8 protein chains.
Amino acid sequence: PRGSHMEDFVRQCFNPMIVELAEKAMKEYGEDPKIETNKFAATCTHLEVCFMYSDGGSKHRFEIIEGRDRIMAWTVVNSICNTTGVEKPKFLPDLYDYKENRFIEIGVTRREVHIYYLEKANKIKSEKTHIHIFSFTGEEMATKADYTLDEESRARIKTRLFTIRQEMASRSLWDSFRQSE
Amino acid sequence: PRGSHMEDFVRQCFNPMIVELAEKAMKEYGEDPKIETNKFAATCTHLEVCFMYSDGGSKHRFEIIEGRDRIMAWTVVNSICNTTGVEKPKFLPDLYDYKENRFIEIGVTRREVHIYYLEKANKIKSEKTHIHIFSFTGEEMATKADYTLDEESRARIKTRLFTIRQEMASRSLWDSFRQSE
Amino acid sequence: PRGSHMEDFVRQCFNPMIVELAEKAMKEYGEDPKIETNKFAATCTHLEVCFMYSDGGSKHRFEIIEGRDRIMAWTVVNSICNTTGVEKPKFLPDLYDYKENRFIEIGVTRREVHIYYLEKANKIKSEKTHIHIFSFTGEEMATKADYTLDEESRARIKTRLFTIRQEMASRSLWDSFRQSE
Amino acid sequence: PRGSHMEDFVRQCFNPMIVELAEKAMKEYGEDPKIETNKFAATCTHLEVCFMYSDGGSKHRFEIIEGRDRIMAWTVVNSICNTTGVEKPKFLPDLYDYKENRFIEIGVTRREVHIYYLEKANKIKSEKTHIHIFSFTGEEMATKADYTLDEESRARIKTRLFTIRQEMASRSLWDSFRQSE
Amino acid sequence: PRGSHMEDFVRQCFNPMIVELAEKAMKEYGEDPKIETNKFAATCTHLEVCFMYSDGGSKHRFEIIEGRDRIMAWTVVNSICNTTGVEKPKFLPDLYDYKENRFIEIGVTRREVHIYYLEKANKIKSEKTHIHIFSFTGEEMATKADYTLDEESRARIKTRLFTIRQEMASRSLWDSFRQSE
Amino acid sequence: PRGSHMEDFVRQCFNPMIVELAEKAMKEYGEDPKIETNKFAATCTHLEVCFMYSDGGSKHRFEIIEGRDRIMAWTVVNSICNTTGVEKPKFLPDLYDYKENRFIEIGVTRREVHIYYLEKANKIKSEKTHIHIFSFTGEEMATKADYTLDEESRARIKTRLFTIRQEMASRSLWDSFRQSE
Amino acid sequence: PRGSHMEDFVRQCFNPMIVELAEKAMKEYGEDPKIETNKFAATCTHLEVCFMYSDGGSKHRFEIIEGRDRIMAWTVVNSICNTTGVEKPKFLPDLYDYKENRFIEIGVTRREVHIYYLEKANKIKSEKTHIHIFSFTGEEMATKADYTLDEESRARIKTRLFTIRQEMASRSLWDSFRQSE
Amino acid sequence: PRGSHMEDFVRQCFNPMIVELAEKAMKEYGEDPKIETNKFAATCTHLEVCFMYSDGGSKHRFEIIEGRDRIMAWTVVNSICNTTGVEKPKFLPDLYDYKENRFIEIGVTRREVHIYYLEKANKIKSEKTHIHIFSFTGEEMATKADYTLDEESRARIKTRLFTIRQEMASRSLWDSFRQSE
Ligand SMILES: O=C1c2c(O)c(=O)ccn2N([C@@H]2c3ccccc3SCc3c2ccc(F)c3F)[C@@H]2COCCN12
Ligand SMILES: O=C1c2c(O)c(=O)ccn2N([C@@H]2c3ccccc3SCc3c2ccc(F)c3F)[C@@H]2COCCN12
Ligand SMILES: O=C1c2c(O)c(=O)ccn2N([C@@H]2c3ccccc3SCc3c2ccc(F)c3F)[C@@H]2COCCN12
Ligand SMILES: O=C1c2c(O)c(=O)ccn2N([C@@H]2c3ccccc3SCc3c2ccc(F)c3F)[C@@H]2COCCN12
Ligand SMILES: O=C1c2c(O)c(=O)ccn2N([C@@H]2c3ccccc3SCc3c2ccc(F)c3F)[C@@H]2COCCN12
Ligand SMILES: O=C1c2c(O)c(=O)ccn2N([C@@H]2c3ccccc3SCc3c2ccc(F)c3F)[C@@H]2COCCN12
Ligand SMILES: O=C1c2c(O)c(=O)ccn2N([C@@H]2c3ccccc3SCc3c2ccc(F)c3F)[C@@H]2COCCN12
Ligand SMILES: O=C1c2c(O)c(=O)ccn2N([C@@H]2c3ccccc3SCc3c2ccc(F)c3F)[C@@H]2COCCN12
Ligand SMILES: [Mn+2]
Ligand SMILES: [Mn+2]
Ligand SMILES: [Mn+2]
Ligand SMILES: [Mn+2]
Ligand SMILES: [Mn+2]
Ligand SMILES: [Mn+2]
Ligand SMILES: [Mn+2]
Ligand SMILES: [Mn+2]
Ligand SMILES: [Mn+2]
Ligand SMILES: [Mn+2]
Ligand SMILES: [Mn+2]
Ligand SMILES: [Mn+2]
Ligand SMILES: [Mn+2]
Ligand SMILES: [Mn+2]
Ligand SMILES: [Mn+2]
Ligand SMILES: [Mn+2]
């Protein structure tokens with residue numbers, strides 16, 4: 001047994017569906033949520049942001065790729081590629097935008113948004129995949145200064161992120177989380 | 001007992017409400033889902049596309065004729081005809097469009113959309129009934145190049161169709177399904 | 001016991017919430033649904049039309065007065081009058097339109113819409129109350145040729161009304177219902 | 001035991017979620033709903049108005065601060081301030097408007113709206129916090145004559161307030177409630 | 001409007017299903033729950049006791065006659081009589097005991113149980129109908145000193161009755177209720 | 001369209017799960033509930049009696065064979081036979097009794113129970129299958145005078161049957177139902 | 001903000017209904033669950049044990065006094081006393097046993113059961129109130145060596161208590177909890 | 001992708017809760033349900049049998065150890081051992097019997113029950129752990145000829161097992177499943 005304070009916080013911070021999907025994702029890659037508790041908190045956070053993000057558009061606008069098992073995520077990507085003609089990305093994206101006709105990679109970072117976007121931009125070769133970074137201090141950075149959603153939908157995310165930061169802080173979990181990325 | 005791999009795939013591929021409605025439809029016409037398993041898969045697919053399609057418009061836009069028992073489908077058609085003045089079609093359509101004021105026949109084909117539309121166009125005498133064909137490779141073809149719904153709503157359908165194709169393929173069921181139309 | 005075929009049809013034709021509200025309305029006025037079965041069918045129909053009607057606008061557009069007990073319906077009317085300055089009507093209306101700022105009296109008739117509107121127009125003294133008649137043959141007639149809702153929302157109602165007519169007919173209940181108004 | 005007629009009216013007037021949230025709020029400040037029954041009725045009313053108010057905008061428009069425990073309300077305020085740059089208010093507001101980028105203090109008064117707005121305006125130092133007063137007679141008063149929501153959304157609130165007034169009156173509870181502010 | 005304190009207490013004292021069934025019962029006999037508020041409280045109480053009583057036996061032991069519309073209550077009585085050979089009672093009973101093979105009339109009184117049993121015993125001619133009286137002070141009296149249920153099941157009822165008495169008292173409603181029988 | 005009064009009565013008499021299972025059973029054998037309305041009423045009745053019957057024993061006592069598709073009913077029979085050693089019956093039974101270790105054929109008749117039991121006894125060759133007949137007048141007849149369940153569980157069934165008889169009668173449907181067996 | 005590891009553990013250890021009832025109980029006595037976190041854990045534990053305990057008897061055996069607001073707990077006690085003749089206890093008990101006709105005070109201790117029973121026995125003057133102590137190491141001690149429930153029902157409680165002990169230990173919360181009584 | 005016919009059968013054969021728990025169990029041990037499809041079918045079967053088994057006793061009789069994550073299963077075992085004094089087993093058991101005070105290891109085999117019991121008996125050192133083997137042909141074998149449950153509860157399991165065998169057979173999956181143990 002590990003008995004982590006972070007694990008208990010994550011289960012009280014996030015809704016059960018988010019917790020369960022992150023748990024399953026971590027296991028698919030051979031990570032244990034009871035040990036890699038910072039990663040447990042990060043994947044739950046990233047998932048909520050993706051779900052909040054997809055809720056921001058018009059109905060039917062987004063295809064959610066994140067939150068699926070590896071095989072099924074790539075299946076939906078293939079159907080999207082084979083029906084829209086977009087090139088198949090080399091790395092799994094997070095969403096697909098049926099309005100702008102491009103995949104979206106979403107990032108959540110405890111560092112400056114500019115340095116995380118650099119990393120993801122270099123990692124992904126598919127220059128077509130749109131990148132959108134959010135930070136725990138309320139900054140965001142998006143490819144071509146195109147932020148996809150309107151201001152209010154993005155502001156919700158930023159507010160939620162800062163609330164998770166505080167909840168972590170009041171429990172003395174933030175410092176360990178911050179210096180873990 | 002038949003014990004079909006396709007039957008089990010259909011029950012895991014489609015949601016129970018779709019499965020049940022297709023089962024009932026097939027029986028109304030004296031077909032057994034446990035034997036005519038390709039038809040089982042086709043009617044479930046066609047139904048989902050119709051439901052996805054009707055979800056694409058503004059609220060109240062569409063009347064769903066598909067997914068009802070024969071007698072009740074013709075009842076709703078009669079009320080539609082007797083209240084809008086449109087001519088009564090000779091063959092049951094799939095939807096009615098209260099915005100464009102016309103019935104819609106929806107088709108899903110494993111062949112080239114152009115050859116399936118030809119068949120349906122000649123079968124139906126009511127030239128007023130709007131035709132919309134979708135293919136399992138992402139093509140679509142609609143009467144008068146009028147596609148009724150906006151791009152994103154149609155792209156969802158095309159993506160879903162290609163996902164069913166893949167799911168069938170990974171189980172070695174696609175070839176039998178394709179060469180069955 | 002009465003054991004009416006119409007009573008059983010009404011309970012299978014309408015959803016339980018509509019049936020229950022009409023039953024309660026009829027009793028409040030000292031009418032028995034098991035005897036006055038035509039009135040049972042009429043009040044259920046009128047209620048569904050009112051609910052369909054109120055679903056036709058933008059969110060928050062309509063206040064539903066029908067489907068409440070007498071005392072509470074007049075309470076909501078008073079609050080509406082005392083907050084919008086509109087004159088208090090002499091007879092209970094069916095809805096209030098927050099967009100057009102007027103009460104709506106809704107009518108459903110088995111006769112020509114023009115003769116039913118005449119009756120309601122003369123009955124109500126409050127010339128401000130907007131009148132909207134629907135018929136079982138798909139006609140409608142509204143004060144000042146102002147039909148409040150857009151075409152599709154009204155077409156749904158007309159289709160539903162003609163479907164109830166048919167359902168009644170196939171059971172040989174229509175003739176008795178028609179020649180009862 | 002107190003056995004208040006007002007307490008029983010409040011539990012039949014408001015929905016359980018509203019009652020429960022007000023009960024919890026009152027206790028957090030060391031007030032007993034079974035004794036301070038006018039305050040019980042007021043906080044339930046204020047809460048419903050806030051929830052009705054937040055339902056009036058576009059989706060994602062408002063952040064609801066009211067209806068949370070003290071510590072969590074200030075947490076969401078901090079995240080809002082730390083992500084939008086708005087100054088942190090000295091007193092807890094009721095909502096945040098992501099469209100207009102300002103906090104909203106909502107007031108419900110049994111006096112003239114003009115005298116209650118004066119009080120709240122002087123109490124709060126943060127001149128940025130938008131003030132919106134509703135009265136039990138259907139008047140409203142908002143900072144800069146900017147009423148945030150469109151007419152119909154505000155008219156619903158005014159109607160609901162006058163309905164609570166009547167419900168109180170028919171039980172001879174209004175006079176005590178009015179002369180308690 | 002009547003605006004009764006008793007009416008509001010009844011809706012907070014009893015569960016909605018009990019309230020609704022009593023309301024419907026009272027209307028079937030041309031009584032208004034908003035005026036005859038003592039009768040409103042009495043019929044709700046009597047109903048709860050009957051339901052508690054029927055929950056006291058083994059599964060399938062009791063047929064609940066109370067809580068049905070007049071016509072259906074007499075229908076179930078007829079089926080019981082026509083299948084068990086028991087004589088048809090002249091007045092509607094409250095339950096039927098499939099173990100002891102007899103109808104049960106249940107009484108709840110604010111007077112001495114002995115004087116209420118006398119009344120019911122003389123009212124009913126069918127000496128076969130078993131009588132069981134409960135009082136608001138915890139006394140009970142049953143035909144032939146046969147109390148049907150075991151002690152604990154009857155003690156629950158007595159406890160619940162005294163709790164309703166107290167709830168009424170703390171609101172100064174008991175005296176009016178007591179001196180109303 | 002047929003528009004039967006019996007069809008509407010059946011849908012108001014029986015619970016939706018019973019109606020649906022009977023509908024499906026009738027179709028599996030190529031019968032239409034909208035035409036063979038007496039058979040519709042009979043199969044619903046028989047099903048309810050079987051479900052009531054299986055609810056009469058101790059938990060786990062009965063295996064319900066009725067209410068399944070043909071293929072699955074015979075599957076459960078085979079597992080029962082292949083695990084208890086009982087001989088496989090030639091005709092589908094209604095239940096299996098794990099306490100008495102025998103299949104049960106349940107019958108509901110509008111004639112004298114003695115003449116219906118004769119028919120079923122001669123039809124079935126498996127003398128091991130226990131027979132239990134119920135009548136619409138409250139009589140019952142069981143193999144070897146062994147009635148499996150205790151008195152109260154059987155009395156419920158008899159009461160329910162006579163209630164269906166009355167409900168049919170008050171609608172002038174009984175005579176046609178009776179003279180149809 | 002306090003941000004306690006114990007608080008988060010309690011919300012993941014106990015079911016929401018238990019957490020909520022304990023939170024409300026603590027506030028009624030002017031204790032904050034966010035600060036007095038050991039008491040938060042203790043009251044949740046005690047509540048679960050009481051609910052498990054009451055689930056151990058026959059149906060209707062126990063009246064649950066714990067888990068109610070102070071005023072209502074004493075109301076049910078009064079009805080119990082005024083209907084069974086038992087003397088009214090000076091301190092709120094946890095249950096009432098309708099079979100043995102006595103109140104039960106339940107205790108959960110981190111010390112030797114014998115020393116906690118001594119304390120409760122001296123605190124309560126009503127020698128009639130039955131005492132039942134459980135320990136976190138699986139010991140129990142009951143008045144007159146009468147343990148009310150059968151062995152299996154008590155063993156469940158003991159197992160659950162030791163599981164909470166372990167869950168606390170694996171998080172390094174046990175030592176602080178133990179040395180807090 | 002694997003696309004197994006067995007995988008699809010398992011998801012249609014077992015209820016979602018059973019499927020999900022087995023999936024999670026298999027992953028905890030580094031097995032993939034999409035590849036080890038026979039093991040997928042076996043663990044689902046074993047789980048259902050355990051749940052059926054635990055449903056066979058009196059309420060509170062059994063503690064279910066199977067169907068939990070490794071760490072929590074051993075936690076409940078420790079609490080059971082530390083509260084009943086039973087020796088801690090070396091290998092995780094399936095249940096604990098509070099009536100007979102012993103752990104139960106449940107086995108399901110496609111071979112002769114006698115050879116599987118031999119294996120489990122030698123594997124486990126704790127001679128105290130009670131062993132109960134079920135076969136897919138309806139045989140069972142239990143330690144000391146003590147079968148814990150009464151006949152009917154065990155017969156249900158045997159019937160269910162043979163039904164899974166048939167369902168597998170009709171799909172030509174049985175032979176591969178049988179020759180896999
Ligand atoms: O989708 C992602 C993913 C992102 O989309 C992302 O933005 C950042 C990081 N990711 N990774 C996520 C992840 C997601 C969110 C926060 C941290 C991590 S850290 C690695 C990891 C992930 C999932 C499970 C797991 F066990 C991991 F170790 C992996 C990269 O491989 C494709 C899926 N994926
Ligand atoms: O509505 C349709 C229908 C279509 O709308 C359609 O587009 C293609 C094909 N259809 N047919 C559907 C159907 C639907 C979808 C896929 C395949 C089939 S193949 C024949 C068949 C259908 C339904 C039940 C059944 F038993 C059948 F044999 C029948 C044609 O008679 C009117 C209803 N209908
Ligand atoms: O609101 C209506 C109402 C209408 O709004 C309406 O359009 C036509 C007719 N109405 N009446 C409805 C009614 C509604 C729909 C169809 C038929 C009837 S017929 C009389 C009656 C009604 C309700 C209960 C009852 F027992 C009745 F006898 C009464 C007129 O008194 C105010 C309420 N009300
Ligand atoms: O948010 C409010 C609040 C308002 O927003 C408001 O508009 C008027 C009045 N308020 N107060 C509310 C309140 C809200 C609605 C109606 C009356 C009261 S009267 C004092 C009181 C409140 C909450 C609990 C409690 F026990 C109280 F005594 C307190 C002021 O401290 C911050 C929270 N709050
Ligand atoms: O069943 C009862 C009934 C009893 O069973 C009973 O015990 C006492 C009294 N009853 N009556 C109940 C009733 C039940 C409980 C408490 C008070 C009353 S007072 C009259 C009344 C009743 C129902 C509706 C109504 F409008 C009434 F005026 C009527 C007597 O006519 C048959 C039904 N019924
Ligand atoms: O199980 C029964 C069955 C009985 O168990 C029974 O007792 C009487 C009669 N049965 N039959 C039932 C049935 C059941 C209840 C009332 C009438 C009927 S009449 C024929 C029929 C049945 C089912 C569907 C259908 F379309 C039918 F025409 C058929 C006999 O073939 C095996 C299944 N079955
Ligand atoms: O019922 C109990 C109670 C017990 O029944 C008990 O066994 C031990 C202790 N109790 N007390 C419980 C309690 C219950 C369980 C564990 C610790 C505590 S510690 C004090 C406290 C309690 C409740 C709220 C609160 F804020 C408290 F400070 C109070 C004693 O006043 C009557 C109610 N009550
Ligand atoms: O509990 C069991 C278990 C049994 O109880 C059992 O009876 C037979 C076999 N078991 N094993 C089960 C299992 C259960 C049912 C059918 C086959 C298997 S095969 C190995 C395996 C199991 C679980 C997950 C997994 F990935 C596995 F490879 C493992 C042995 O390690 C402790 C848990 N466990
Ligand atoms: Mn991703
Ligand atoms: Mn990402
Ligand atoms: Mn069609
Ligand atoms: Mn089509
Ligand atoms: Mn009206
Ligand atoms: Mn009208
Ligand atoms: Mn506020
Ligand atoms: Mn405010
Ligand atoms: Mn009665
Ligand atoms: Mn009575
Ligand atoms: Mn049968
Ligand atoms: Mn039969
Ligand atoms: Mn206590
Ligand atoms: Mn205690
Ligand atoms: Mn195991
Ligand atoms: Mn095992």
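A, B, ... follow the sequence lines: proteins, then strands. Residue 1 opens every chain. Computed over heavy atoms, backbone and side chain alike; hydrogens, waters and symmetry mates excluded. First listed ligand is number 1; within each ligand, the first listed atom is number 1. Looks like X-ray crystallography, 2.2 Å, at least that's what the header says.
The drug at ligand 1 is baloxavir.
The macromolecule with the greatest number of heavy-atom pairs within 4.5 Å of baloxavir (ligand 1) is, in the PDB entry, named Protein PA-X. Other chains in heavy-atom range of baloxavir (ligand 1) (under 4.0 Å): A. Contacts of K120(A) with baloxavir (ligand 1), taken as heavy-atom pairs under 4.0 Å, involve the side chain alone. Of the heavy atoms in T43(A), both backbone and side-chain atoms come closer than 4.0 Å to baloxavir (ligand 1). Apart from baloxavir (ligand 1), the ligands and ions with atoms under 4.0 Å away are ligand 9 (manganese (II) ion), ligand 10 (manganese (II) ion). Contact annotation for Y116(A) and baloxavir (ligand 1): only side-chain heavy atoms (C-beta onward) come within less than 4.0 Å of the ligand.
The nearest protein heavy atom to atom 16 (C) of baloxavir (ligand 1) is closer than 4.0 Å. Between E31(A) and baloxavir (ligand 1), a contact under 3.5 Å exists for no N or O pair. Checking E66(A), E105(A), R70(A) against atom 7 (O) of baloxavir (ligand 1), the nearest heavy atom belongs to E105(A). Every atom of baloxavir (ligand 1) is numbered from 1 in the order shown, and the set under 4.0 Å from a heavy atom of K39(A) is 19 (S), 27 (C), 28 (F). Distance check for atom 26 (F) of baloxavir (ligand 1): a protein heavy atom is found below 4.0 Å. With a 4.0 Å cut-off on non-hydrogen atoms, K27(A) does not touch baloxavir (ligand 1) at all.
With a 4.0 Å cut-off on non-hydrogen atoms, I106(A) touches baloxavir (ligand 1) through its backbone and not its side chain.
Within 4.0 Å of atom 19 (S) of baloxavir (ligand 1), at least one protein heavy atom is present.
Other-chain residues and nucleotides with a heavy atom under 4.0 Å from baloxavir (ligand 1) are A25(A), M26(A), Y29(A), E31(A), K39(A), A42(A), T43(A), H46(A), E66(A), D94(A), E105(A), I106(A), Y116(A), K120(A).
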